Colleague: 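The structure under discussion is supplied below as structure tokens; questions concerning it will follow.
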Amino acid sequence: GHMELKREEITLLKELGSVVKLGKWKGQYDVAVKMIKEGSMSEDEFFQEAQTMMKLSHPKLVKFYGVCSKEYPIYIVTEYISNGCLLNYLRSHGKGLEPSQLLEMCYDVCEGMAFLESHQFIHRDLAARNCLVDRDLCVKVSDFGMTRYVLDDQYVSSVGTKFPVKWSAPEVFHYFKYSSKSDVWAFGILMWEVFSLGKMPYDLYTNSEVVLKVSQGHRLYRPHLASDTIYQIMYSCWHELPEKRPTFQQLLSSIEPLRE
Ligand SMILES: Cc1nc(Nc2ncc(C(=O)Nc3c(C)cccc3Cl)s2)cc(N2CCN(CCO)CC2)n1
């Protein structure tokens, strides 16, 4: 098999986030190394989560390299994505970007998402916070411990980790279910985060308020940087009925003419 890496071939350099560290693998490759402490998660859950991330390999998804599981802390090793978190990037440097570059960020996410959709997986927390920006401003989605298998046009129970409600499809908070399109709703919110340069969606409202207002028909306003056509694409993601929302394949073909 091939998932286990030689721990001695990884030099830990600096803390990236909280714990993820920057490292050098074999004196040649830049890596990001997530530290799993004993008790933070079950070893069975860790193994399943690593195997799934490995399997869902795609240029627009974070590239899993391997694990170091012979002792604690357990390592999950991935590629090192230079520009960090998309949310921080939008907030720090967004103002300088061209609107075509913001649209390109949405296209990257949509491409990675159409891949997950092709394998009947959904991302349970599709948000800027779970996206990483490379040197060229290309976006990669992190799927680690966040995916769920759901048959096309079906529903499954929401039982598991509860993710922020402001990115959740109504079926999630109304019916305690995910649909194969719960993912698509969150993609619209991600698009809104991109075009608003990282503003908090539904800023002035609580989770209980959002749940109620969304149920009433309230949707996020158009960020000024987004064209009318782009806003119409994000809006289409927010249909109350999953069956009325587009697929990531349809979204990809809608985003493409607008220059990818
Ligand atoms: C927090 C952070 N991440 C960075 N890069 C990463 N690449 C891959 C990462 C990672 O977490 N992989 C991973 C995933 C996704 C799932 C499971 C397991 C793992 Cl291991 S984190 C860079 C960075 N920067 C700080 C701000 N600097 C601005 C200077 O201009 C840029 C550098 N900060």
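Index from 1, following the sequence. Numbering of ligands and ligand atoms starts at 1, following listing order. How was it done? The header gives X-ray crystallography, 2.4 Å. Because only heavy atoms are used, hydrogens play no part in the values below, and waters and symmetry mates are left out as well, while side chains stay in.
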Colleague: What's the name of that drug at ligand 1, by the way?
Modeller: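 It is the drug dasatinib.
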Colleague: Which chain contacts dasatinib the most here, in the terms used by the PDB entry?
Modeller: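 Per the PDB entry, the chief partner is Cytoplasmic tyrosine-protein kinase BMX.
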Colleague: For atom 4 (C) of dasatinib, grab the closest protein heavy atom and report residue, atom and distance to one decimal in Å.
Modeller: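 For atom 4 (C) of dasatinib, the nearest protein heavy atom is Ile81 O, 3.6 Å.
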Colleague: If you measure from atom 19 (C) of dasatinib to every heavy atom of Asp143, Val31, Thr78, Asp134, which option wins on shortest distance?
Modeller: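 Selected option, by shortest heavy-atom distance: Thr78.
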Colleague: State whether any protein heavy atom lies less than 4.0 Å from atom 1 (C) of dasatinib.
Modeller: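 Within 4.0 Å of atom 1 (C) of dasatinib, protein heavy atoms are found.
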Colleague: Looking at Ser82, which atoms of dasatinib are within less than 4.0 Å of one of its heavy atoms?
Modeller: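 Per the distance check, 31 (C), 32 (C).
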Colleague: Which of the atoms of dasatinib are close to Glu79, meaning less than 4.0 Å from one of its heavy atoms?
Modeller: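 Within the 4.0 Å cut-off of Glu79, dasatinib contributes 7 (N), 8 (C).
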Colleague: Closer than 4.0 Å to some heavy atom of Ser142 - which atoms of dasatinib meet that?
Modeller: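 In order of number, 14 (C), 15 (C), 16 (C).
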Colleague: Counting both backbone and side chain atoms, is some N or O of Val77 under 3.5 Å from an N or O of dasatinib?
Modeller: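 Not met; the criterion fails.
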Colleague: Which UniProt active-site residue of chain A has the minimal heavy-atom contact distance to dasatinib, and what is that distance to one Å?
Modeller: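 Heavy-atom minimum to the UniProt active site of chain A: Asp125, 11 Å.
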Colleague: Return a yes/no value: protein heavy atom under 4.0 Å from atom 30 (O) of dasatinib?
Modeller: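 When distances to the protein are checked, atom 30 (O) of dasatinib has no heavy atom within 4.0 Å.
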Colleague: So between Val62, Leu132, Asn83, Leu61, whose heavy atom ends up nearest atom 21 (S) of dasatinib?
Modeller: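 Nearest heavy atom to atom 21 (S) of dasatinib lies in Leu132.
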Colleague: Under the 4.0 Å line, does any protein heavy atom show up next to atom 25 (C) of dasatinib?
Modeller: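 Within 4.0 Å: no protein heavy atom nearby.
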Colleague: Looking at chain A, which UniProt domain houses most residues near dasatinib?
Modeller: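 By UniProt annotation, Protein kinase.
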Colleague: Give the atom numbers and elements of dasatinib that come within less than 4.0 Å of a heavy atom of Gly84.
Modeller: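 Those qualifying, in numeric order: 4 (C), 22 (C), 23 (C).
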Colleague: If we count only non-hydrogen protein atoms and require a distance under 4.0 Å, does atom 13 (C) of dasatinib qualify as touching the protein?
Modeller: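 It does; a protein heavy atom is within 4.0 Å.
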Colleague: Tell me the source organism the PDB entry gives for chain A.
Modeller: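 The PDB entry says Homo sapiens.
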Colleague: Give the residue, atom name and distance (to 0.1 Å) of the protein heavy atom nearest atom 9 (C) of dasatinib.
Modeller: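 Answer, as residue, atom name and distance: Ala32 CB, 3.4 Å.
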Colleague: Out of all atoms in dasatinib, which are within 4.0 Å of some heavy atom of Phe144? Include the element for each.
Modeller: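 Under 4.0 Å from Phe144, dasatinib has these atoms: 16 (C), 17 (C).
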Colleague: If you take every non-hydrogen atom within 4.0 Å of dasatinib, which residues does that pick out?
Modeller: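 The heavy-atom contacts are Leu16, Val20, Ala32, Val33, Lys34, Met53, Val62, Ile76, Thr78, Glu79, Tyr80, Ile81, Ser82, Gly84, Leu132, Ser142, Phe144.
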